[PDB]
Amino acid sequence: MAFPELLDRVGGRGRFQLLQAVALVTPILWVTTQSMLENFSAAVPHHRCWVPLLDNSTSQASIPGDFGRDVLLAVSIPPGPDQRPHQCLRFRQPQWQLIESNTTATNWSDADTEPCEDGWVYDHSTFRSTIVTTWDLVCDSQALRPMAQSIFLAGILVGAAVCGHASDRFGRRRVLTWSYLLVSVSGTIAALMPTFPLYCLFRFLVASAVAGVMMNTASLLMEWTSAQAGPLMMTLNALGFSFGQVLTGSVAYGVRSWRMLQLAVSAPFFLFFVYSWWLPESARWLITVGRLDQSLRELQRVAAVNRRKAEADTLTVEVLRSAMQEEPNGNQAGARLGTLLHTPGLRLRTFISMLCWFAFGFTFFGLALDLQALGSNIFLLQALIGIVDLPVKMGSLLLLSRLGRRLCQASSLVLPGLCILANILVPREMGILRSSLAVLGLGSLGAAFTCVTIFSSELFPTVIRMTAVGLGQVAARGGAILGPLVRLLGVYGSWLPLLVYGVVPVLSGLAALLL
Ligand SMILES: CCc1oc2ccccc2c1C(=O)c1cc(Br)c(O)c(Br)c1
């Protein structure tokens, strides 16, 4: 009397699973908002150096002559690479000579310019305040944003590991609801810190709790349903991320202050926590540990929801004990890691699998967090990524049976990569075509994640099937951390970050055909 018999006899498809799927997919949207808020809360607006002549009204009253704002801006600030006033320099001694056109204003030495020691001036047309405006992440401090994003992703990884151990030892629902509470508390606290390091630490905690809640939601959604309806729930979970993208765009358009935006994003998790208590605990894990009475109570409850009390009556403790006896043992999990790499037949498939996992995190998170440089309307670009993803994710499922198994991975990585590499070659004059290629590039990478999850299981044997999938997750998380740090290469040239973000997926796709 295995557990699947009990799950089928109490009802696997009836009602209850739909309600549980809704209640566990709703928080995924806000999980996505928390993950991708860093694009909007930390946007860098156009800035110019602070000038006593222009900004200070006391010096404004002392100006001899009614000089226009553009004239004074040209007098005070050297021109920049894009014919705009330069961001990080200022004339120490106001140059009245530059106004006259009889002198070619080209012989300016760096010794005549000094760093902006009196602050900066930011435009507030599109954003009222970001962390860059608040803590002056400009010039010499421009490299700290990728550090913050990498800290967030490392927090995701550490939280995933810690919550894995905690859910293995204590259960699913308890860790899930405590993750809800910790998300809410940590976000609310982070929305009020005065200094940058405290903000980074509390974002680290938020990321840890987000990883925990995502993993526990996935596990609970998978475990309470029969194997026949698993892919439908996985597809719903995948669509949850696109809906979260759309929600992130809408909410970021709604609120233009980073503190208020963070508070609004972190608020609904308390409402999730308050009702998370009513959710039934997973019966299989309760059977595994040995709390037969609690598992029987949950089984009776869930069968009562399915309006199947007549079949629910005959459940007995001895059947539960037999099911516990029939549970497979996890002792061999220690040696499953070694046999993946030591076996030559298994070694080559793992390396190809890891590269596919690695390419997704490295490419997507290095670009999905940098929509500022890919276009002007960040609000429209954020929503379009979610919108384009849905047709591609569903369309890729149909493509599986027709063109075969092997060709799927290569096509799902080469095409998104080539679009990114085509971004450089397109002239900057055509902005409409320039932005469209980037949208299709990152938008199509969503089908890559969905494909690899299904693909990895079927290759490996059932004995080590679970372990191999876990290794791919670690590589994807590890590749995410290295993503934002690539943007530091932009000082050499603007095309350098895009070349790495395009070349890497292509090689991963081209090496994927050898499986
Ligand atoms: C925003 C969700 C998320 O944040 C992470 C941080 C570190 C490693 C993985 C993730 C991760 C995913 O797994 C993921 C999976 C699928 Br399928 C998607 O279509 C999108 Br979009 C994201």
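Numbers in chain A come straight from the PDB entry, and the residues shown are 1-515, in order. One-based numbering, in listed order, for ligands and for the atoms of each. Atoms considered below: every heavy atom in the structure, side chains included; atoms not considered: hydrogens, waters and symmetry mates.
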Chemist: Say which drug appears at ligand 1.
Modeler: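 Its PDB name is benzbromarone.
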Chemist: Name the main binding partner of benzbromarone here according to the PDB entry.
Modeler: Solute carrier family 22 member 12
Chemist: Where, taxonomically, does chain A originate according to the PDB?
Modeler: Rattus norvegicus
Chemist: Provide the residues lining benzbromarone within 4.0 Å, heavy atoms only.
Modeler: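 Heavy-atom neighbours of benzbromarone: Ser35, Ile156, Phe241, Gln245, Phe365, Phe449, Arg477.
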